[PDB]
Amino acid sequence: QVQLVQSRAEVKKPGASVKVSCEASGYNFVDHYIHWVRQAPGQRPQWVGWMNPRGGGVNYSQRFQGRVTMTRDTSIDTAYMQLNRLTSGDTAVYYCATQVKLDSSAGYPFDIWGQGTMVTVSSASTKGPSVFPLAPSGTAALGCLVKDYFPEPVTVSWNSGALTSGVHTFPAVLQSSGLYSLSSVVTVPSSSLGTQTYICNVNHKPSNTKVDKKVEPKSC
Amino acid sequence: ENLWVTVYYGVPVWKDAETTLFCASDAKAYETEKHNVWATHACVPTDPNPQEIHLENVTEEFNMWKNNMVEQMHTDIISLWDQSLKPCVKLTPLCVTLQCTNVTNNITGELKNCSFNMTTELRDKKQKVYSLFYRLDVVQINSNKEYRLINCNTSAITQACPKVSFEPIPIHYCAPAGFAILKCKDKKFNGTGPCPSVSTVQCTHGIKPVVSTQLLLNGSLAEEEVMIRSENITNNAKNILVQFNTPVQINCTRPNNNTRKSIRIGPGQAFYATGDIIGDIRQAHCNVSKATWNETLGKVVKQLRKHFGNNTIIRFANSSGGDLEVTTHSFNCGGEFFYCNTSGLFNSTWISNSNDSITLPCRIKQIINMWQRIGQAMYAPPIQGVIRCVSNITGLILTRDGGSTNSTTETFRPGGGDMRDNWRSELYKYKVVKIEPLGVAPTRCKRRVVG
Amino acid sequence: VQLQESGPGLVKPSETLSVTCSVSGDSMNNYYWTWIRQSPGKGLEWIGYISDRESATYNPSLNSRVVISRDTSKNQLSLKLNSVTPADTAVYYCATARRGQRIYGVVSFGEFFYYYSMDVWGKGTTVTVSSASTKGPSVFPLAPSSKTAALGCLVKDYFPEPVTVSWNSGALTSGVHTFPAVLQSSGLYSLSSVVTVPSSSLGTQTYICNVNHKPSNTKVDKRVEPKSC
Amino acid sequence: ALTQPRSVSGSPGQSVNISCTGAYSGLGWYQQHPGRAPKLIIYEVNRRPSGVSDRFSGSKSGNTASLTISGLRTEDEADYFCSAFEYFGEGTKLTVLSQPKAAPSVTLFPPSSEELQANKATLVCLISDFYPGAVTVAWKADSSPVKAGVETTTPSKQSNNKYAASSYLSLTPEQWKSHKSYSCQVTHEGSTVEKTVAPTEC
Amino acid sequence: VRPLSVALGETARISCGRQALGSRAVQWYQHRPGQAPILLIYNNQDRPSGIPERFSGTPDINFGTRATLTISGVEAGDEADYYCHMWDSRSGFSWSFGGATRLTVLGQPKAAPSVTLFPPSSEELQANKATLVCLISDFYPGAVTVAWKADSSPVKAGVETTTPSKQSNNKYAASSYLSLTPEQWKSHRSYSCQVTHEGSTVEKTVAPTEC
Amino acid sequence: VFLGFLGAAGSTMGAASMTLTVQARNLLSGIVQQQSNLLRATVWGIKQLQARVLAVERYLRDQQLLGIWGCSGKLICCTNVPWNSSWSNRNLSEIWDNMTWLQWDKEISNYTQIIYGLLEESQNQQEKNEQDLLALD
Ligand SMILES: *[C@@H]1O[C@H](CO)[C@@H](O[C@@H]2O[C@H](CO)[C@@H](O[C@@H]3O[C@H](CO[C@H]4O[C@H](CO)[C@@H](O)[C@H](O)[C@@H]4O[C@@H]4O[C@H](CO)[C@@H](O[C@@H]5O[C@H](CO)[C@H](O)[C@H](O)[C@H]5O)[C@H](O)[C@H]4NC(C)=O)[C@@H](O)[C@H](O[C@H]4O[C@H](CO)[C@@H](O)[C@H](O)[C@@H]4O)[C@@H]3O)[C@H](O)[C@H]2NC(C)=O)[C@H](O)[C@H]1NC(C)=O
Ligand SMILES: *[C@@H]1O[C@H](CO)[C@@H](O[C@@H]2O[C@H](CO)[C@@H](O[C@@H]3O[C@H](CO[C@H]4O[C@H](CO[C@H]5O[C@H](CO)[C@@H](O)[C@H](O)[C@@H]5O)[C@@H](O)[C@H](O[C@H]5O[C@H](CO)[C@@H](O)[C@H](O)[C@@H]5O)[C@@H]4O)[C@@H](O)[C@H](O[C@H]4O[C@H](CO)[C@@H](O)[C@H](O)[C@@H]4O)[C@@H]3O)[C@H](O)[C@H]2NC(C)=O)[C@H](O)[C@H]1NC(C)=O
Ligand SMILES: *[C@@H]1O[C@H](CO)[C@@H](O[C@@H]2O[C@H](CO)[C@@H](O[C@@H]3O[C@H](CO[C@H]4O[C@H](CO)[C@@H](O[C@@H]5O[C@H](CO)[C@@H](O)[C@H](O)[C@@H]5O)[C@H](O)[C@@H]4O)[C@@H](O)[C@H](O[C@H]4O[C@H](CO)[C@@H](O)[C@H](O)[C@@H]4O)[C@@H]3O)[C@H](O)[C@H]2NC(C)=O)[C@H](O)[C@H]1NC(C)=O
Ligand SMILES: *[C@@H]1O[C@H](CO)[C@@H](O[C@@H]2O[C@H](CO)[C@@H](O[C@@H]3O[C@H](CO[C@H]4O[C@H](CO[C@H]5O[C@H](CO[C@H]6O[C@H](CO)[C@@H](O)[C@H](O)[C@@H]6O)[C@@H](O)[C@H](O)[C@@H]5O)[C@@H](O)[C@H](O)[C@@H]4O)[C@@H](O)[C@H](O)[C@@H]3O)[C@H](O)[C@H]2NC(C)=O)[C@H](O)[C@H]1NC(C)=O
Ligand SMILES: *[C@@H]1O[C@H](CO)[C@@H](O[C@@H]2O[C@H](CO)[C@@H](O[C@@H]3O[C@H](CO[C@H]4O[C@H](CO)[C@@H](O)[C@H](O)[C@@H]4O)[C@@H](O)[C@H](O[C@H]4O[C@H](CO)[C@@H](O)[C@H](O)[C@@H]4O)[C@@H]3O)[C@H](O)[C@H]2NC(C)=O)[C@H](O)[C@H]1NC(C)=O
Ligand SMILES: *[C@@H]1O[C@H](CO[C@@H]2O[C@@H](C)[C@@H](O)[C@@H](O)[C@@H]2O)[C@@H](O[C@@H]2O[C@H](CO)[C@@H](O[C@@H]3O[C@H](CO)[C@@H](O)[C@H](O)[C@@H]3O)[C@H](O)[C@H]2NC(C)=O)[C@H](O)[C@H]1NC(C)=O
Ligand SMILES: *[C@@H]1O[C@H](CO)[C@@H](O[C@@H]2O[C@H](CO)[C@@H](O[C@@H]3O[C@H](CO)[C@@H](O)[C@H](O)[C@@H]3O)[C@H](O)[C@H]2NC(C)=O)[C@H](O)[C@H]1NC(C)=O
Ligand SMILES: *[C@@H]1O[C@H](CO)[C@@H](O[C@@H]2O[C@H](CO)[C@@H](O[C@@H]3O[C@H](CO)[C@@H](O)[C@H](O)[C@@H]3O)[C@H](O)[C@H]2NC(C)=O)[C@H](O)[C@H]1NC(C)=O
Ligand SMILES: *[C@@H]1O[C@H](CO)[C@@H](O[C@@H]2O[C@H](CO)[C@@H](O)[C@H](O)[C@H]2NC(C)=O)[C@H](O)[C@H]1NC(C)=O
Ligand SMILES: *[C@@H]1O[C@H](CO[C@@H]2O[C@@H](C)[C@@H](O)[C@@H](O)[C@@H]2O)[C@@H](O)[C@H](O)[C@H]1NC(C)=O
Ligand SMILES: *[C@@H]1O[C@H](CO)[C@@H](O)[C@H](O)[C@H]1NC(C)=O
Ligand SMILES: *[C@@H]1O[C@H](CO)[C@@H](O)[C@H](O)[C@H]1NC(C)=O
């Protein structure tokens, strides 16, 4: 009881529209307003609107009027919102909420919250990962760099699954173009440089992609 | 030096109470028909002269948004509709597949000539009839084409008996003994708070229950400056209620000379279909003098900057949401239900430093689900002849926009989804209290000793 | 502002009928323009119009067979009708139209309609649709009694109507009386023209009948002379 | 214009001092844990919502609100926010120091040979085993500021609850063979290290 | 078509063939067969320059008022076809001119026909064909009987006869043709043409031997 | 001059205690204002009836208190319950002059029940019994 649930996360591209549901239950949906808020992973939350079911009426933050459209389906105790003219600049986490169990009839602020719907807007057209090693030279470090692949995740390994210790991998930065990019590193004894061989592998299902990289031992 | 408590009966002490209030209407009995929806058979006749009694030195708090009287009239009006709808013709059989075609080929078509089978008086016999239906009441289903009424998938429907009238007449409200109604006589009355000038009345003023949207009609006005009353002005979620100081004029017409078709659909039951239009087919509209409307907006932005800064950009825009009944100045006029595009009004920009009357296109429905109510829908029967009713605009209901670029400029569009908001427009000046005639105070008076 | 139509007078079925109207007394741009026909034994039929702005509208009853244009150079309006049938035999009239707007409601919404009044009319042009070939007429003199007297010319066995006849090339106008043509059993036409003249001009004044049959382009000049007695 | 502090130092059993200045500010106070579902802590400015802990209360002014906490925990490590009707303050990441400080283990990598052959040269600097979750990356080829080709991540939670980050200086096979040795300077808690790479190895 | 008859001098009143629904705009046209049409009244009541004030149309003053043409002082010359071009706001574009009211004016002076009969021309007999030509003018009414005789016996071979038609003077004219052979022409003593009109007969005669 | 009903509700307490007949009149009627009205013969009926019951129900509870306090016939009666001064410390001048029954009833909103218990226990439970043993002679 008294809870919000939202539609599934989506990824849409520029221009396109997007409709997100927010199914509400545990309280008589009709009486209370319903506002919608947007958080970017990395800026504040930006209020957008509100819509009483009793009348279905709205008003939208001027940064947002026109592009947005909020709709209800009281037959089912549910609201919606549709955002058109999608640009990459509007990718963010979108939460629905209302004030019900307070004692403040002034409509504000909001306490009851949908978990949220994450919406990624990016022209994440299909682009192929290019994998490049990182050479060695006490101890010596060697790694591999996976670059320029359309949506995550990739999977990287070493020595056909027989070399697992001393390694550390770092999170993929969405490169500003719409290409993810990550890399790996393993620390080996410099006494095995020139004799022992060390190899890296990479995987990416979205395009049925598979890249390897041989690294013969440099004498160092 | 001997202090004794002493009892006083009939002392001027009262307390705030929520109680069962009563109706009041002029004892005008113009029956000479069978109409009258609001005053009914026996709403109690009004006092010839009301005894509005001023109370010296007395200062009382009013709060129209936490008022129990509004949240009472609203429910008071509701029960009367159902009570007037119950004995009337239920249109369960009008949900047949409707075969409808467009009227006009001199297109310069929002209305349909609709043929359908129906039930006759004999249970076994069926009839093919035609009726005219406005576009809003009907929907298409899949060659012909085939159609249905909009309500058939939401609720059942019942037709208002033709005898009943939808005209709001002023209705007062009187309190039982032991209770009292307090009436604020403050012209500059803020939305809420203490009213320095208070009179007491047995009954409220004639409140015309005009059910209307985006604009209050045939109401009570405001003295001096136009009045802005909100529960919280700075809060968008709480509406902003506006009361005018000068009434403007509105002429509303449905310009087609319509006709009523009595179709018998059973023993006693009789459906009133829309017959062929006679004369031109013209769309409903309302004019308001454009000059007067520019005047009225000035008094508004003047009372507005007293709450928004001497300088800020205050513009007006049209409604941007809601049902069809909230997007339009919805109202009833003469028995047909009008829904009017208000964009020509809320179109200007204000910088806070002939008539040429604006015309509003109006659509019309006969199937209505009023009071944001799902369930019993109503068929308003067609009104024979042309319609023209004159209404004053005695108020407005507005609403502001959420967070913009530092509030650079502030924007106002209409809408009033709750109906009580219309009642607050006539009830801000009243409040309910209960009488406490028992007071205790210390005096030197002692009763004669028993011993 | 005066208009005179001209056409082929006869086209065979499935061919194209072309009629034009020459304008005198005024230009073409200040009026809406229109064509109408009258078939023998049936009433008037409205064909279509072309406005000031060269925008043309045609009656849908005609199955898209019509082209109207304003050849503004010759001050001519043109009409061509393809896929003709014998059912198209009629008199074709050109006319100007004055456009009216009758307001019965609000202009901003559009509660008005346009209508047309035809204020200046042409003379008409007769066209027969038949596969039969034209035949130029034979003209014979009808001599006056020798004993006032009436004389004329007989225009025999022609096809189709009409024929123009003048007397002394237009110079003899008082007392001329031409008759409606007879349709013979052979399906050929004949008509007659008579002029009543003073008995005392005979033998000295030459009376020559000028016959113009545009469809077969037969123009015959026929002397009518007095009886030898 | 609605504003509040950005970061606040803290530790268990302590108290944290935060602010928010603005008209009608401190209408409510929220807590977003990394991920989803922000949650109201106190409505108005001093209203224990029915159903929260008692050690929560808030003060304010004519334009400046202030949220107050006693007996800090690691359970209150999240981002905290100031509500103003329509407008929402910037955002304070409250840190509750439960781990000791850790200096970054920095390893800078030059571009590989099969990366130089496809018309590419990416410098790979990996920043690991630091706490709290923060490292500043400053790329300077020959100590001159390079403001071209810089990709930075955000601090990610390792297995050891220390934090990791990585940075990418996108260079060309022509840019990789121009300067003497590209020096990536990782600032940690003020301290700055200098790890350098060149096309001639160790 | 719809026929109507009126006596000279009376006021004729013509109803539209089609009835108006709603707001109307009516133009009236007069056509006598063989002429271009003339606009009599437009926009219901308005009369173009050149039209007598004897003619009036019905103004559209609120609805119900059937469109009517009023003709004061009916003349012989008003015998014509009348068209009501009905335009209204509900019927769409009015492509149809409506039915014609064919106006007959009765009461015109009877006028006996003037008749002239011509024998074959000297040029035609040379071409071996003989046709008799009978021309009839100035009569009213139009009912007329045309018969041919050879000597004094009826003939029905080769006889071709026209429909009577109005002259500019509003009386009627007609003609009759008898197609023969020269052998018929010279072998007979004479031929006669007989024109019967309102109970009276005009008869002329020709002969191969006459001057 | 006679002006109406409750005019002195905001005046000082001494002045208001004088016009108790006027307030006594309007507590029940009621039937001058609304018998039914059964002169002509729904929702208004229910409201009316609920209003009439609420009026006599409130009125009879107040007259009930005066009966067991021996004040049935009177508009003003004095008692034996001493004013324990802790109830209000204002002297006989601050209470009755430059204060309304309202600001007094607000100040006295407490101890009202204690006084009621003292009013029902202290006198009328003893006074009526002493009257029976007294009239025996
Ligand atoms: C619409 O909705 C919004 C919010 O949703 C409403 O905004 C809020 O309304 C509240 C009323 O419901 C109001 O609450 C009052 O707060 C005052 C604050 O005063 C002091 O309170 C604290 C003590 O408990 C102090 O700690 C504070 O620091 C504060 O100090 C002073 O506050 C002044 C307020 O602006 C500030 O500026 C002064 O403003 C005045 C007015 O304009 C003059 O200019 C003056 O010259 C200015 O200096 C001072 O700088 C500041 N001073 C210092 C040293 O900090 C509170 O006092 C009050 O409490 C009343 O009752 C108590 C007893 O219970 C009594 O002791 C008090 O004296 C007082 O009488 C209220 O609780 C909120 O402040 C306000 N804002 C916020 C953010 O919540 C709108 O009002 C709603 N609109 C409508 C139409 O309803
Ligand atoms: C909207 O459209 C309506 C429909 O047209 C229109 O109302 C009509 O307006 C016309 C205008 O011409 C009125 O016509 C007048 O009729 C007078 C006599 O009224 C009798 O006749 C009515 C119709 O007559 C026809 O039908 C009957 C039935 O078969 C037949 O006998 C007749 O011969 C004729 O063909 C008839 O309907 C009417 O009955 C009414 O009352 C009964 C009461 O129970 C009710 O049952 C009916 O339904 C109806 O309501 C009655 O029997 C006639 O005398 C008059 O001429 C004089 O009138 C005035 C008198 O004041 C004089 O000033 C004037 O100069 C003439 O001397 C005229 O012909 C017609 O009556 C109206 N409609 C009805 C139903 O009555 C509206 O005006 C339109 N509104 C707009 C456009 O805004
Ligand atoms: C919505 O749709 C409805 C559809 O019903 C529209 O209403 C309809 O409107 C039409 C048009 O006016 C109307 O038809 C007229 O009918 C008249 C009667 O003639 C017909 O009907 C008779 C029966 O009434 C038939 O039987 C004959 O009756 C004779 C006695 O009158 C009898 O002697 C004979 O032996 C027969 O038994 C008859 O055969 C014929 O079908 C007509 O006078 C009228 O005239 C005009 O239209 C027609 C169509 O071309 C022409 O032929 C005619 O010469 C003239 O120009 C109409 O035909 C129909 O009854 C009516 N229907 C209803 C149910 O009222 C309505 O307009 C639409 N619009 C709106 C807004 O609702
Ligand atoms: C709310 O407000 C609206 C808006 O005002 C009101 O709407 C009016 O409603 C009324 C009643 O229903 C309507 O009244 C009708 O109006 C028409 C027209 O009247 C006007 O025009 C005539 C025209 O005469 C002059 O102009 C002509 C133009 O000539 C040329 O026209 C054509 C242009 O293309 C062309 O094709 C022609 O061939 C021609 O060359 C001249 O020829 C003529 O000689 C004049 O100079 C005037 O006579 C009038 O005075 C008036 O100006 C009338 O025909 C009807 O009788 C009727 O009166 C009115 O039209 C609506 N207004 C508008 C703007 O349309 C509502 O009524 C209001 N409602 C409420 C409840 O208040
Ligand atoms: C309720 O009212 C509705 C109309 O609003 C009526 O619905 C119609 O139902 C009938 C069924 O009786 C449909 O009628 C037609 O059925 C025909 C079958 O043949 C009939 O005619 C022959 C003639 O020799 C008889 O032998 C035979 O027994 C049948 O009587 C089809 O031929 C029809 O198709 C024709 O019409 C449609 C459009 O209507 C065209 O698309 C076709 O090309 C063809 O021209 C049709 O199927 C009829 O379709 C229904 N009406 C409509 C508008 O669709 C009900 O009868 C009435 N009463 C009820 C429901 O009780
Ligand atoms: C309350 O309002 C009263 C006036 O209202 C009247 O009196 C109340 C007691 C109520 O019963 C009301 O219903 C009633 O209408 C104010 O009272 C005024 O007080 C002044 C003293 O400050 C009086 O002045 C005196 O008048 C006499 C008569 O000539 C002189 O001899 C005196 O020397 C002195 O001038 C005044 O008459 C009196 N009345 C009016 C109408 O003002 C009162 O101030 C106010 N507030 C309270 C009682 O707290
Ligand atoms: C008779 O009425 C029907 C509706 O019941 C008409 O059908 C409508 O056809 C139009 C044109 O294809 C559809 O498009 C619409 O055009 C308008 C005008 O620009 C525009 O404002 C709309 O937004 C829409 O794009 C329209 O969708 C369709 N009606 C419905 C309900 O879908 C029909 O044209 C009418 N006339 C006949 C049948 O002669
Ligand atoms: C608000 O005020 C206007 C102004 O009066 C109201 O218009 C009134 O509407 C009623 C109902 O149509 C009219 O009363 C009736 O008129 C008919 C004839 O139309 C008559 O036969 C009846 O006896 C009855 O009097 C009234 O004329 C009309 N007022 C004016 C000035 O025309 C309007 O209805 C009011 N209410 C609402 C909800 O708008
Ligand atoms: C609505 O507006 C009309 C304007 O016509 C008001 O009617 C006027 O009322 C005043 C005072 O009652 C009179 O002095 C005028 O003479 C009235 N105007 C007339 C008769 O044309 C009316 O008061 C307004 N209010 C309501 C509730 O109807
Ligand atoms: C006067 O009354 C004061 C208020 O206390 C009240 O009376 C006592 C008997 C209890 O019932 C208590 O709960 C009430 O709130 C006393 O504090 C005071 O001592 C009393 N003094 C005298 C002299 O009666
Ligand atoms: C309403 O009350 C508030 C509270 O002081 C005040 O700021 C505002 O100006 C008041 N408005 C009016 C019209 O009294
Ligand atoms: C706003 O204007 C009003 C009225 O003209 C005036 O009383 C006031 O001083 C002005 N205030 C400011 C801040 O401009």
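Throughout, a chain's letter reflects where its sequence line sits, starting with A, and its residues are numbered from 1. Side chains included, hydrogens not; waters and symmetry mates left out as well; all remaining heavy atoms used.
The drug that appears at chains C and E goes by the name 10-1074.
Bound to 10-1074 (chains C and E) with the largest number of contacts is the chain that the PDB entry calls Envelope glycoprotein gp120. Going by heavy atoms, the other chains that come closer than 4.5 Å to 10-1074 (chains C and E) are B. In terms of heavy-atom pairs under 4.5 Å with chain B, the chain of 10-1074 (chains C and E) that comes first is chain E. The PDB entry lists the organism for chain B as Human immunodeficiency virus 1.
Checking the PDB entry, one finds chain C called 10-1074 Fab heavy chain.
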